[PDB]
K.L.:
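Context: structure of sulfapyridine in complex with 2-C-methyl-D-erythritol 2,4-cyclodiphosphate synthase.
So that the names make sense, note that chain A is the first sequence line, chain B the second, and so on, each numbered from 1. Scope of the values below: all heavy atoms of this structure, side chains included, with no hydrogens, waters or symmetry mates. Whatever order the structure lists ligands and atoms in, that order sets their numbers, starting from 1.
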Amino acid sequence: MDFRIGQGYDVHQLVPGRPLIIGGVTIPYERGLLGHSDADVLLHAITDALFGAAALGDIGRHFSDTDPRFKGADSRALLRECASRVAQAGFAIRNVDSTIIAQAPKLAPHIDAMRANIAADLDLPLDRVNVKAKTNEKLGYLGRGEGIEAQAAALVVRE
Amino acid sequence: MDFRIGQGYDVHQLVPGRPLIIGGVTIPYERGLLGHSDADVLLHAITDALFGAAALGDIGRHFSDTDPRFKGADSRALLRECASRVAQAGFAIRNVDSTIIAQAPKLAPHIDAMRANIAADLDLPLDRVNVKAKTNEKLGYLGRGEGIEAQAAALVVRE
Amino acid sequence: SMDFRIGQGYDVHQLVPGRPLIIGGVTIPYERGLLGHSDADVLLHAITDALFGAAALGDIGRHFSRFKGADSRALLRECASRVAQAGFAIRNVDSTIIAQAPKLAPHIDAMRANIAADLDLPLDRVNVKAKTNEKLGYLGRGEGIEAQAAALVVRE
Ligand SMILES: Nc1ccc(S(=O)(=O)Nc2ccccn2)cc1
Ligand SMILES: Nc1ccc(S(=O)(=O)Nc2ccccn2)cc1
Ligand SMILES: [Zn+2]
Ligand SMILES: [Zn+2]
Ligand SMILES: [Zn+2]
């Protein structure tokens with residue numbers, strides 16, 4: 001009965017010349033996200049929500065860019081290590097919900113693939129992982145296609 | 001004890017010649033929100049939070065903005081159908097919290113009416129529904145009054 | 001006791017010259033500070049709104065329109081009092097600060113300690129996270145700082 005909630009936010013710039021990787025899925029698009037590794041905005045937000053629910057700080061405190069252990073680590077490896085640390089701190093994950101905000105491309109065809117990657121990385125049943133997607137109605141840098149945002153919420157319980 | 005959390009986000013442009021309908025309340029104003037449905041940004045954010053908590057996808061999955069049957073749709077009717085599907089998936093709603101962010105008009109006079117509408121639609125008492133209203137402190141497209149944003153959080157439990 | 005409730009909070013304040021930068025009750029050296037009627041502590045405000053939201057007590061604007069000169073930790077303490085008054089116990093708080101500058105990492109642990117003391121919580125039930133905005137929008141240009149918060153309470 002010792003439930004805890006966590007919330008996560010991430011954003012990355014979207015420009016020509018890089019791949020678009022969201023939720024572990026490479027998506028064909030004229031632009032891609034800029035960041036240290038694969039720049040997976042959705043997995044970063046979920047990771048931060050999980051560290052937050054466990055009150056373990058955040059993704060920057062756990063996985064520094066200079067650390068040799070995570071030099072070439074992609075964001076799924078980081079999500080899996082996050083989950084291991086959350087479990088070791090005594091918490092079981094109960095569910096994850098999230099939103100991707102991107103003016104383009106359409107993300108609906110890729111939701112089930114993202115959910116399957118996230119559930120596998122968290123060792124969760126598929127029906128405890130949700131990903132939602134929407135545009136920003138052409139408003140702001142998101143609406144002009146200059147960035148993509150992800151939001152995440154996670155519920156855990158201390159066991 | 002099988003609790004789940006969900007989160008929701010929505011935004012719509014503020015334009016001339018549209019009803020301003022937020023939380024089911026038709027608010028007197030020279031502009032209104034632009035969308036395929038009645039464009040109720042607050043009810044959409046809450047709908048997304050509820051679908052997300054039940055791991056049922058999102059409002060685009062259940063009520064496509066491409067579908068003619070939803071042109072001008074009453075978003076309270078959509079919220080009620082969302083709650084019906086969430087119940088059909090086995091979940092009871094425990095509470096909803098939300099934020100509306102707008103430069104104008106003043107929303108304080110309308111918040112209690114919005115809360116009562118949401119509570120009615122979700123078959124909740126008033127004390128389990130909360131609506132918060134704020135400005136964006138003059139920043140960004142929200143500060144310039146180009147759109148209105150809503151955020152939502154929901155807790156459900158699988159019975 | 002299984003009557004859990006969640007709340008969510010959002011705040012943003014402009015960064016302006018000639019004012020202290022106070023976030024999570026920590027005074028951070030910086031050329032600018034946050035603009036507000038209070039000390040404009042955007043993180044404490046977001047947490048405050050999340051707590052009012054979880055207890056279904058409305059929001060800051062309704063509670064804190066005898067507080068004319070109060071700093072935001074006093075308001076967070078008052079918020080926690082009202083949450084308790086309504087029969088709720090706070091179970092945990094999580095939050096994110098979005099600021100392009102300055103670096104907040106050295107100050108996070110003090111913010112967490114401040115929030116924990118104000119809410120009468122142990123450290124392991126309070127969390128503060130910090131991000132830039134990748135140089136995007138008004139946050140990325142350093143025109144404001146945003147905070148987000150989530151809170152879990154239970155009605156006893
Ligand atoms: N059934 C339905 C519901 C909402 C809309 S909307 O384009 O007015 N608003 C939307 C649409 C998708 C996500 C969020 N808001 C159109 C159709
Ligand atoms: N009592 C009180 C507290 C804070 C403020 S603020 O306008 O500096 N910050 C706010 C105000 C409303 C919602 C969020 N932050 C004004 C009055
Ligand atoms: Zn990232
Ligand atoms: Zn909408
Ligand atoms: Zn504030």
K.L.:
Where, by number or letter, can sulfapyridine be found in the structure?
P.N.:
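Every copy is at ligands 1 and 2.
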K.L.:
Give the letters of all other chains that come under 4.0 Å from sulfapyridine (ligand 1) at a heavy atom.
P.N.:
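Going by non-hydrogen atoms, A, B.
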K.L.:
In sulfapyridine (ligand 1), which numbered atoms sit nearer than 4.0 Å to a non-hydrogen atom of B:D10?
P.N.:
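That gives atoms 14 (C), 15 (N) of sulfapyridine (ligand 1).
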K.L.:
Would one find an N or O of B:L78, backbone or side chain, under 3.5 Å from an N or O of sulfapyridine (ligand 1)?
P.N.:
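N/O-N/O distance below 3.5 Å does not exist for this pair.
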K.L.:
As an exercise, identify every atom of sulfapyridine (ligand 1) less than 4.0 angstrom from a heavy atom of B:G35.
P.N.:
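Result: 8 (O).
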K.L.:
Below 3.5 Å, N or O to N or O, backbone or side chain included: is there any such pair between B:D38 and sulfapyridine (ligand 1)?
P.N.:
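It does not: no N or O of B:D38 is found under 3.5 Å from an N or O of sulfapyridine (ligand 1).
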K.L.:
Hey, quick one: which of the residues UniProt lists as binding divalent metal cation in chain B get a heavy atom under 4.0 Å from sulfapyridine (ligand 1)?
P.N.:
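Among UniProt's divalent metal cation binders, a heavy atom under 4.0 Å is found in B:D10, B:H12, B:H44.
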K.L.:
Give the other ligands or ions lying under 4.0 Å from sulfapyridine (ligand 1), by number and name.
P.N.:
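Under 4.0 Å from sulfapyridine (ligand 1), the others are ligand 4 (zinc ion).
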K.L.:
Taking atom 6 (S) of sulfapyridine (ligand 1) as the point of reference, which of B:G72, B:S64, B:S37 owns the nearest heavy atom?
P.N.:
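Closest candidate by heavy-atom distance is B:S37.
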K.L.:
May I ask whether B:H12 has any heavy atom positioned less than 4.0 angstrom from an atom of sulfapyridine (ligand 1)?
P.N.:
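Contact check B:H12 vs sulfapyridine (ligand 1): positive.
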K.L.:
For sulfapyridine (ligand 1), note which part of B:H36 has a heavy atom under 4.0 Å away: side chain, backbone, both or neither.
P.N.:
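Answer for B:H36: both.
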K.L.:
How is the binding site of sulfapyridine (ligand 1) composed, by chain and residue number, at heavy atoms under 4.0 Å?
P.N.:
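With non-hydrogen atoms counted, the site is A:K134, B:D10, B:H12, B:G35, B:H36, B:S37, B:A39, B:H44, B:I59, B:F63, B:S64, B:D65, B:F70, B:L78.
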